[PDB]
**Q** 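For discussion: a PDB structure holding entrectinib.
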Amino acid sequence: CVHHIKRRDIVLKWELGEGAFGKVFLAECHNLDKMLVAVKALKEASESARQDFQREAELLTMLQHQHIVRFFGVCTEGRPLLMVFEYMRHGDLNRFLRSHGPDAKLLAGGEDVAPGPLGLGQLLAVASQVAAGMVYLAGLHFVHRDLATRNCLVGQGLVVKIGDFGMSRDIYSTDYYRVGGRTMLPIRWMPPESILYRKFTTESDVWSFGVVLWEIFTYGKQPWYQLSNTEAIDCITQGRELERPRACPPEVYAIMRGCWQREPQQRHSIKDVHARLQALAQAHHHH
Ligand SMILES: CN1CCN(c2ccc(C(=O)Nc3n[nH]c4ccc(Cc5cc(F)cc(F)c5)cc34)c(NC3CCOCC3)c2)CC1
């Protein structure tokens, strides 16, 4: 089951950032010799969060693929609680897309090594890699339920992995709609059946992948940024389609549309989506 780790073996360097979960730190783990790792700490860690911690750790232990952030274990001595991960140096995929879009170079400075917007090849490589993670999850009849670029990570070499299972959801982010009470839904990434009746399936994940493609080729824009969430619920539910992004080739748009068929069983399978993206990333390798 869940590998445990001794607090003494975890040395915190510095905060990488904060979230709903809590802080994430760069750290040095020992005995895995001497190693660089990401450590997510728990903000509250009282009761509900203490057993949602149980869940995530068990889940992350379960999953093992080159496109899922690797998990090493936890540390339950004292407080607050910690999860330990491999280190992805370029952070979340959403911020990475936006900062490396058509004003990466046109707005750089000192701490700016090798700017220039991301090209077609790089975008496809990001897309194919997120697909692969998802092919894997579909294979285990696993349903993510919150696939979006904010829950992917980027590591050195444009290595992109799925890194979070939306276990902690930002109460204050427009990316989420409070259905009622404490339940937050990422409605802009969800299809009609999920928005109306919370039917989550591998076919609702493929829809969300479609939307991830859209985020990728708009360089990180929020789907339906023009709309508030209630307006967006009405469009999505009425059958409205996001526009082909400026940077998006027609063939990539046709894939998005295959992920967005209205009837779930008519959506393209993630496996076929993955293959078709890989073919496209192949055919552009040398241009
Ligand atoms: C250009 N800059 C470069 C530096 N930078 C970074 C870099 C790395 C992280 C970070 O925590 N990385 C993680 N590595 N492994 C994780 C596992 C797990 C996690 C948790 C997680 C998973 C995920 F899929 C998305 C996340 F935002 C956070 C992180 C790492 C990092 N952390 C913040 C990213 C934004 O959210 C707050 C923390 C920032 C910012 C951009």
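One-based numbering along the sequence shown. When a ligand or atom number is given, it counts from 1 through the structure's own listing order. Atoms considered below: every heavy atom in the structure, side chains included; atoms not considered: hydrogens, waters and symmetry mates.
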**Q** I need every copy of entrectinib for my figure - which ligands or chains are they?
**A** ligand 1
**Q** What is the residue list for the binding site of entrectinib (ligand 1), using non-hydrogen contacts under 4.0 Å?
**A** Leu16, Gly17, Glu18, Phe21, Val24, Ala38, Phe85, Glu86, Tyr87, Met88, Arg89, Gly91, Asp92, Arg95, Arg150, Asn151, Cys152, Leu153, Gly163, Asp164
**Q** Considering non-hydrogen atoms of the protein only, which is the closest contact for atom 15 (N) of entrectinib (ligand 1), and what is the distance?
**A** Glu86 O, 2.9 Å
**Q** Which residue in chain A annotated by UniProt as active site is closest in heavy-atom terms to entrectinib (ligand 1), and at how many Å (rounded)?
**A** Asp146, 8 Å
**Q** Could you tell me which residues UniProt lists as binding ATP in chain A have a heavy atom under 4.0 Å from entrectinib (ligand 1)?
**A** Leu16, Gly17, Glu18, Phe21, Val24
**Q** For entrectinib (ligand 1), find out whether one of its N or O atoms is nearer than 3.5 Å to an N or O atom of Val24.
**A** no
**Q** Of all the non-hydrogen atoms in the protein, which one sits nearest to atom 34 (C) of entrectinib (ligand 1), and at what distance?
**A** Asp92 OD2, 4.0 Å
**Q** Among protein heavy atoms, which lies nearest atom 33 (C) of entrectinib (ligand 1), and at what distance?
**A** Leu16 O, 4.0 Å
**Q** How close does the nearest protein non-hydrogen atom get to atom 22 (C) of entrectinib (ligand 1), and which residue and atom is it?
**A** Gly163 O, 3.5 Å
**Q** With heavy atoms of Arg95 as the reference, note each atom of entrectinib (ligand 1) found under 4.0 Å away.
**A** 1 (C), 2 (N), 41 (C)
**Q** Starting from atom 37 (C) of entrectinib (ligand 1), find the nearest protein heavy-atom neighbour and note its residue, name and distance.
**A** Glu18 O, 3.3 Å
**Q** Can you sort out which atoms of entrectinib (ligand 1) are near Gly17, meaning under 4.0 Å from one of its heavy atoms?
**A** 38 (C)
**Q** Do me a favour and list the nearest non-hydrogen protein atom to atom 4 (C) of entrectinib (ligand 1) with residue, atom name and distance?
**A** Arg89 O, 3.8 Å
**Q** What is the nearest protein non-hydrogen atom to atom 12 (N) of entrectinib (ligand 1), stated with its residue, atom name and distance?
**A** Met88 O, 3.4 Å
**Q** Which residue supplies the protein heavy atom nearest to atom 19 (C) of entrectinib (ligand 1), what is that atom called, and how far is it?
**A** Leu153 CD1, 4.2 Å
**Q** Provide the UniProt domain of chain A home to most residues in contact with entrectinib (ligand 1).
**A** Protein kinase
**Q** Within the 4.0 Å heavy-atom shell around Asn151, which atoms of entrectinib (ligand 1) are there?
**A** 24 (F)
**Q** Closer than 4.0 Å to some heavy atom of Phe85 - which atoms of entrectinib (ligand 1) meet that?
**A** 17 (C)
**Q** Every pair of nitrogen or oxygen atoms between entrectinib (ligand 1) and the protein that is under 3.5 angstrom apart - can you list them with their distances to 0.1 Å?
**A**
unit_1                 : atom_1 : unit_2 : atom_2 : d
entrectinib (ligand 1) : 12 (N) : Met88  : O      : 3.4
entrectinib (ligand 1) : 14 (N) : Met88  : N      : 3.1
entrectinib (ligand 1) : 15 (N) : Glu86  : O      : 2.9

